[PDB]
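Structure showing pimozide engaged by Voltage-gated inwardly rectifying potassium channel KCNH2.
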Amino acid sequence: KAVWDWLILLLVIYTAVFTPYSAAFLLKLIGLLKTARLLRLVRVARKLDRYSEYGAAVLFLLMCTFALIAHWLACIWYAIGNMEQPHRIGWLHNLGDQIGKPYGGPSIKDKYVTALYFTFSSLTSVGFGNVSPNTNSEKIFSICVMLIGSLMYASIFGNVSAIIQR
Amino acid sequence: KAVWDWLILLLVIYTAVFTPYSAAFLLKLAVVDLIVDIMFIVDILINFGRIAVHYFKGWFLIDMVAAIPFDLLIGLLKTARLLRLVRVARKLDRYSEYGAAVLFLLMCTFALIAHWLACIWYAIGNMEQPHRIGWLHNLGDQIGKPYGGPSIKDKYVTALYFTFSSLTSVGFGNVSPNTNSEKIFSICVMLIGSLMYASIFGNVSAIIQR
Amino acid sequence: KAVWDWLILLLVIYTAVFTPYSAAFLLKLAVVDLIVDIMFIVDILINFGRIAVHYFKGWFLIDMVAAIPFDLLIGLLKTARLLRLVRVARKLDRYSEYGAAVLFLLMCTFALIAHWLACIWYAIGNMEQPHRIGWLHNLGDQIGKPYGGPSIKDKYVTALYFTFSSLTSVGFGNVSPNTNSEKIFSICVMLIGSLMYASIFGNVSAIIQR
Amino acid sequence: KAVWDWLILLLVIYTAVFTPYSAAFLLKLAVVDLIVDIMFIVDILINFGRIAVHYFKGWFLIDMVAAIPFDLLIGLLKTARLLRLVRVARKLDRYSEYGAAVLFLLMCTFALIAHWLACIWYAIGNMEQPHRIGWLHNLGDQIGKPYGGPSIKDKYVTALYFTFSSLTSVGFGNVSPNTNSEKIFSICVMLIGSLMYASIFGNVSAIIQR
Ligand SMILES: O=c1[nH]c2ccccc2n1C1CCN(CCCC(c2ccc(F)cc2)c2ccc(F)cc2)CC1
């Protein structure tokens, strides 16, 4: 029971990683109900008293949730860009043109890596200029991403800057 | 009375959102603003026999100038309705009773400044439009709608997106100032956004720990 | 005498703004220059009869060096007028009592550092101009003034906008370094910004906490 | 002995700068490297009859590993000199008293992390040229030296400039990752840059108050 909770947290991280990714990339309709597995995060929400023993554990958890929200935003971004694609506008067409794989199109690995890279650059406020929103849906998604990204950036990194002394 | 002032705050936020938009993007329904101004007249009637002179000596004039209809550049006089923000500024103690309320107020004012700067950005872009240098021409080309050009929705979304990116210090590169007026306004927006982040999110860090 | 210090501070701000700008751009009004020189001569005269010996060893040499005209490129020696900053540097006791004064000083030093970096950026971009890779060629190509070339106003606004975007961590992508000297200067600007942005905005957050 | 400690710190900085640069770029002078090796041999000799037992069972293994010549890939095997950083990491007491030497050390480790990331970035980029995709091809196109391509100076300056921009969250848009390896490396660089910003410059904000 002492080490059961760490394994439970690792498996909940696994399922919270691989449910949105599958539901956003691998469909290419009753299987959509599998998205309800995300409710398992309440276990790690309620086990904070046991998880927060060490400050390095809190830093690892903060990095993990930042990466997790980046992954979820990447999945949403790919879903948005995939809905518009079969209807040179949109990020998927530009990505296919850039890597020399005209839309066929880029492989799933390339699309996921591009989406995660764009989401990380937006959340960290770098904006490399390689990937830029170009449609109304993409622009509104970007606006929401920067809003909640300012919020989560402030909260997460203020917590980190408070803990680092400890 | 608390519910009344919270509803007053909601209506103040509504008019602050909808006045600059109608000033800039419109003038190329009215039932909502008619209801809002009628309800604000009801509020000023509530705010006023012994305390009427005290209120008249205090904040009566500021509300009065912001409550007189301008029905008779001619249509631009409605920008004076933005003065109602001090109605919320004067009673900030009531709103600062909870940490969540302060957090929501900070986010709301950040979005409100972004909206106001978006309206100013569109006004700057439009005043130079009839003179491929401005941002409106680039927007038209990128969206595949070369200059009727982009619609009102596309133009507002692009202005808000550029303003949010500049304030948050992302700089996506899709929209970049190209004329001197755009460059100066962008410098001002960068300073405003730096101040926004510093002050607001220092306050946010202060609240979250408690 | 009571208000002489703030007038001297304003004069120092003026010369700090207009000496690097003149040296970097206008080398290829004199009345205000003469007025400023006469005002500084008056200041050094009244700064002084048993205390003259104390000043002779204290700060007279620096003020005398910064006050002597160099007219006999003779204009490059006029950069010595930038030495007047020690007058406000040493008098920090008076200027650090009002919190609003401290905030205004921080804003002015941010703007001054950005202006100096813009002047250095233009000097770098112009020293390599006669040698399609520099930022001046791209600026001329993108604003519709192909090299001729852009006006002085356009060049200054572009340089200041690039410097502000670099210091504020926006990086708009309109102006991007494309030469070894430009890239090295951009790295130096990145380091100086990492220090100065953090320090100044931490101080500003501290004042806001008050 | 303090002079010896500071000289050893300077030599540690030198080797941490020049062995990864050599490994990344110069593969496919030596007098200074030989002098530094002899100096570190002198240092490990100095590190030593009652005290030799403590050193032999203490830090002698790491120092011996970092001091044994590998002149029998040798160019890649010379990287084993990077373990000399423990020699400064284990004497942090001596380098924490000036109150500004530690700030200089923070700036130096900023520059060192940026330089190492630049070396890794160039190592990633150069391995893909045999296989207009890649940052080296774009660099060649931009600076007007199409792929023989850019010189070693241009490649190093571009790599360091991109790494600094990524860490400092500017993203100038001149250099942008395009391959999966470049994108993943950039993701990692952004993450470590954010974390290092938080930690290191929280420490810097704490230190600048004194
Ligand atoms: O405001 C925001 N809204 C946002 C919304 C979403 C996401 C982020 C948002 N953000 C902030 C993100 C962090 N960013 C400051 C980084 C300091 C940086 C630096 C460097 C040089 C410089 F000149 C200025 C700033 C630096 C980086 C690494 C370091 F090690 C040290 C300092 C300010 C914008």
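Alphabetical chain letters, starting from A, follow the order of the sequence lines given. Numbering of chain A is taken from the PDB entry, so the residues present carry the numbers 407-434, 520-578, 582-597, 603-665, in order. Heads up, chain B uses the PDB entry numbers, so what you see runs 407-434, 452-471, 487-510, 520-578, 582-597, 603-665. Residue numbering in chain C adheres to the PDB entry, whereby the residues present occupy positions 407-434, 452-471, 487-510, 520-578, 582-597, 603-665 in order. The numbering of chain D matches the PDB entry: 407-434, 452-471, 487-510, 520-578, 582-597, 603-665, in order. Heavy atoms only: backbone and side chains are in, while hydrogens, waters and symmetry mates are out. Every number for a ligand or one of its atoms is a count from 1 in the order of the listing.
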- Message: Could you give me the letters of the other chains with a heavy atom under 4.0 Å from pimozide (ligand 1)? Thanks!
- Response: A, B, C, D
- Message: I'm curious, what organism does the PDB give for chain D?
- Response: Homo sapiens
- Item | TM segments of chain D, UniProt order from N terminus, heavy atom < 4.0 Å from pimozide (ligand 1) | 6
- Query: At a 4.0 Å heavy-atom threshold, which residues contact pimozide (ligand 1)?
  - Reply: A:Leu622, A:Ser624, A:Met645, A:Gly648, A:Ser649, A:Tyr652, B:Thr623, B:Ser624, B:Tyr652, C:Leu622, C:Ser624, C:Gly648, C:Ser649, C:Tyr652, D:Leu622, D:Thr623, D:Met651, D:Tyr652, D:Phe656
